[PDB]
Every structure is written in structure tokens, then in C-alpha cells.
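Heads up, this one has cyclothiazide in it.
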Amino acid sequence: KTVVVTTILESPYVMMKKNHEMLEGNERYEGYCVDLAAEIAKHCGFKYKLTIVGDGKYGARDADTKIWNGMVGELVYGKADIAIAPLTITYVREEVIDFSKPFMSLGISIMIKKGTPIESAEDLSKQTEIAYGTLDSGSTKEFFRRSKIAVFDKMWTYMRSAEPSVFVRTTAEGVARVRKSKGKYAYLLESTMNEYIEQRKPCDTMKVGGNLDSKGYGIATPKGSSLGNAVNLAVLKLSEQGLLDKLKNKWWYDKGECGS
Amino acid sequence: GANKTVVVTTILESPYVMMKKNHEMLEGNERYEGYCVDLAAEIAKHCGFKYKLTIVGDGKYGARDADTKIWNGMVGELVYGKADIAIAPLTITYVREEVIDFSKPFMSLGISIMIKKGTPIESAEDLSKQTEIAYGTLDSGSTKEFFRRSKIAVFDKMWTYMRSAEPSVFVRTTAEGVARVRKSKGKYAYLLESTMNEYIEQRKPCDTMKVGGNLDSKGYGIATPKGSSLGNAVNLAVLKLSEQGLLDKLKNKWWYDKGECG
Ligand SMILES: NS(=O)(=O)c1cc2c(cc1Cl)N[C@H]([C@H]1C[C@H]3C=C[C@@H]1C3)NS2(=O)=O
Ligand SMILES: NS(=O)(=O)c1cc2c(cc1Cl)N[C@H]([C@H]1C[C@H]3C=C[C@@H]1C3)NS2(=O)=O
Ligand SMILES: N[C@@H](CCC(=O)O)C(=O)O
Ligand SMILES: N[C@@H](CCC(=O)O)C(=O)O
């Protein structure tokens, strides 16, 4: 009767606690999605086990093999019962798994090292001194691959062939590359993650320009799962009680690392 | 059996659905224009159905009578089988999700405050702590329900005031709330969704303003009767339109490209 929850190590959604090496089970983890999982499970009346996605990916389909990886794959192949993570609701994913109504909003955004002479996606597209890229196997990369918008398509044509690769395996790696590249790398990532990082030491990154799109994260289940309806009602209840706002404010709490 | 014209319930709410110039000699869907008229056409094209737009009889979004338990508005038209789909600025809410289905959201919004320019109010907390400036909400919608149900002290305080205020602070249509702000010399502020607030802020005579942050975060969805076979296709259409940038293009068309305040 224990529900297997797939999730991903992505700050501040799920993180290893201090001294996690002597902790066990769900108690190893903390973050927005850890708290959200506990609330959803309490409303729906299930016990659950948090498991970190084996390949560390969000989820994409191989164009050749047509196999899904990441958390999406874990749902598709029956390795998990639900995904509670910053997993973007997208058309291609909705074809193969189910999603609750969104629990958090986001859009694609630009992270620069402070002082970089870039204010917009158009700015990035019109120059070549500053490299830029995205996370592999997620919705941001797919956004650029599929876009017919001139600026974004121009960006895709550059990124897909850039050498060395501009794509990164994890968000943390993209952020580190921004920080270490003396302004010669900018990173395309979701506004949620960008805003979290902007408020943390060493306070050397910034979000610039407006978001490139508008969407949300949802709780995902395998297609047709019996859990979907109750999970969706739980998201709506927690939204209306103000609990999703409370969790956002807790995990994006500003302690004054950067200025004050 | 054979394909049948889909009955779309919607609501006369600018800029979502508006009477076209020359509507008096036009018929059918041609009578109307706006964001939801354009959206209905896109959804119908993707889903492969023909449709008839029909303005909700009672002019309401939809609420359940606590005594009779009967649903009114667009929600009621779906619940009682009078319409096949609602394409409107209909907020996705818990109590509605219990009785009808919703697509993923096609537009985001939150509850917000509209003031007459110069009114000395910056926030809901400001409103809650004074009595000179009256304030209220639309009837039979999700904003009123938000206040009625809130356990948050500031919003509970606001509800306690609004529910007993005399004369009534509630309005039957958004237009009536706008008029009350505009005519009340700063002595009425209106609680309404950020989408509608931002639209009115760009309409003549450019005398209103949104103040403060939004009080919540939610969205509008396309609604169908519970279990309707149309829901899956409509949902995928919303996602496709979102990802193609078409929803953003439509919002800019109806809010900003046509703005009258500069
Ligand atoms: N401010 S936020 O992104 O934490 C945030 C974002 C969102 C919230 C709640 C919060 Cl707190 N709830 C809404 C939900 C309420 C109902 C209407 C839309 C979904 C279903 N989703 S959202 O609009 O994606
Ligand atoms: N900027 S906006 O409100 O017009 C707006 C708002 C939204 C859009 C698209 C636009 Cl253009 N799409 C998203 C949709 C994309 C997928 C993720 C959440 C739903 C399904 N809904 S939203 O986040 O409510
Ligand atoms: N939230 C994204 C991952 C991050 C990104 O692609 O920027 C997804 O669900 O794929
Ligand atoms: N969108 C709201 C109506 C507007 C409001 O309540 O402010 C609803 O679906 O009830």
C-alpha cells in the first residue's frame, strides 16, 4: 500500500538534510516538494516512499528509440506511482502521463553573471561572445528545439551545434558554469530556480529580462492511475488554503545572504 | 452518433467576449469578439468540432446556493446539461472541480485591488484597517468565495466587514464594480482578478489602478461536464496553444495592442 514517489535533487525542492548519512527513508530529505508530498499524502490518505530518480533527469523521449528517461520514464515504465517534483506540464508529457493542475508557476528565464552585457533573449541571439545553453532532458531544451519564434529558433540553431557543448547535466552545473565563466556563459533555466539562486551566496548571478513563456509544475501520475483525481483535489485544496504560498515563502525565504 | 454542434457557454465580460460593432444586424457567433471568441475558434479547430456561442442566461460565473445546493451561472449550465463546454474566464476552484472538469489553465491571475487613482490604499491590509473606504467583490464567483472561506486574518477581517456592509458592497457584474470605483471619489475600492484589473487600467478615462500584490495565484480553465469525452482533446489543445505562443499573442492582442491609455 506504500506509494512510490519519484522526485529529483533540485534545490530548494528536494535536498539532502545535514547529517543525512545517519538518517533513513523519507527523513533524509527536505525542501518544498518534501513538504508538499507530506501534505498531498495526508490529504489523499496514503503512505509513501520518496525515491530519487535513478538517472537524475526530468524526462525526455529519445527521438530514435522513443524511450522516455527521467521521472517521466519512471512513471511510464511503472517504476514509480507518482512524481512530486518541479516537473513541467507539457504537451508531449500529457500524451503519456497525467498531471494535476499546477502547484507552482514558472517561465523560462535568463541567468547571467552580474555585469554581463545582456538584457534579453534577443540580446543573446544577436551576438556570439557570450555562450548560452540549457539543461539536458527537460522542458527548456525542448522549448528551444520546437520554437518557431525567430529569436528562439536562432538561439536553438546556435546552441545545438555550439562547441564545447552548452548543455548541462544538472541545474547546479549550469549555475556553476555561469559563476566560473567570467560572464562568457549565460544559462537558460526556469524562473523559480533562477530566483532561488539569485538570493543566495555568493550573490553573483541575476535574472534578466522577462520570462520567455508562462507555465506550471504539476504532480504526475501514470496515465489512468486511480490516484490522479484525489491528488488534483489536494493540490486545489492546498492552493486555496494558502499552503502552497506558505511553502514557497518558506523555501524561497530570504535570509539576507545578498545585501539586505 | 453523428457530429453535433457543441453549445459553448460564455459570459459578456470584456475583453473576453464583447458585442461587435454592428452586432444588431449580425447573427450567431459573428455577433461577438474578444479573447475567448478567438480562443473558442482555436480550440474548435484543433479538436474538430463546430460550435455555437451562447451567453449564460443569468450573467453569472457560478456558485452553489448553500440552502438549495443548486448551481447557477456557467457552472450550472454545465452541471444541468444546458451547455457542452464553457470557454470563459472561469477560475479553476476546488468546489467547481468536484462537479465539473477543467483543462489545464489558459491564463493566470490572482485576486487584486482596483482603486481610483490617488486613493490612499496600497494593500489588503490597508483596506482591512480602515472604514472610510468601502470595498467589495463580484457576486457568484470565485473572489467572493475566496473571502468567505479564508482563514487568513486579514482576509477574514475583510470578509466580516463586506458581508455585513450596508449598502451592499457586492456587484452583479464587473462593469458595475468599475463604475462604482470611478464614481465614488476614492471611497470605494474593488476586489477583482488581476486580468480584469489590468485590462481596465488601460481603458479610458485611465482613472483606475491596480495596487498591491496579488492575494492568490490561480488560473482560468476550459470547463466541461464531468466525464465529458471532450475534455482530453481540449486539454491537449490548450497545451499546444500555450507552447506555440498563441495564448500569449491573444493576451497581448486584447489587453495591450488595443490599450487606450498610451
Ligand atoms: N505563487 S506560486 O507560484 O507559489 C503558486 C502558483 C499556483 C498556485 C498556488 C501558488 Cl502559491 N495554485 C494554482 C492552482 C489553483 C487552481 C487554479 C490553478 C491551479 C488550480 N496553480 S498556480 O497558478 O501554478
Ligand atoms: N501570460 S498568460 O496568463 O497569458 C498565460 C498563462 C498560462 C499559459 C500561457 C499563457 Cl500565455 N499556459 C499555461 C499552461 C501550459 C501548461 C502548464 C500549465 C498550463 C498547461 N497555463 S498558465 O500558466 O495559466
Ligand atoms: N522543470 C523542467 C526541468 C528544468 C528545465 O528544463 O529548465 C522539466 O520538468 O523538464
Ligand atoms: N473568474 C471568476 C469571476 C470573477 C471574480 O470572481 O472576481 C469566476 O470564475 O468566478
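Chains are named by letter, beginning with A, in the same order as the sequence lines. Here the PDB entry sets the residue numbers for chain A, with the shown residues being 4-263 in order. Here the PDB entry sets the residue numbers for chain B, with the shown residues being 1-262 in order. Counting starts at 1 for both ligands and their atoms, in listed order. Worth knowing before you read on, the calculation uses all heavy atoms, side chains too, and leaves out hydrogens, waters and symmetry mates.
Across the structure, cyclothiazide can be traced to ligands 1 and 2. Most-contacted chain for cyclothiazide (ligand 1) in this structure, per UniProt: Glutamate receptor 2.
Other chains whose heavy atoms approach cyclothiazide (ligand 1) within less than 4.0 Å: A, B. Checking distances under 4.0 Å from cyclothiazide (ligand 1) turns up no other ligands or ions.
Of all protein heavy atoms, the one closest to atom 11 (Cl) of cyclothiazide (ligand 1) is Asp248(A) OD1, 2.3 Å. The N/O atoms of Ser242(A), backbone and side chain alike, include one that comes under 3.5 Å of an N/O atom in cyclothiazide (ligand 1). The protein non-hydrogen atom at the shortest distance from atom 16 (C) of cyclothiazide (ligand 1) is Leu239(A) CD2, 3.1 Å. Result for chain A: of the UniProt L-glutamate-binding residues, cyclothiazide (ligand 1) comes within 4.0 Å (heavy atoms) of none. Closest to atom 21 (N) of cyclothiazide (ligand 1) among all protein heavy atoms lies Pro105(A) O, 2.7 Å. In this structure, residues within 4.0 Å of cyclothiazide (ligand 1) (heavy atoms) are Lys104(A), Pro105(A), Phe106(A), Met107(A), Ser108(A), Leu239(A), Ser242(A), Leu247(A), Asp248(A), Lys251(A), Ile92(B), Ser217(B), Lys218(B), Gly219(B).
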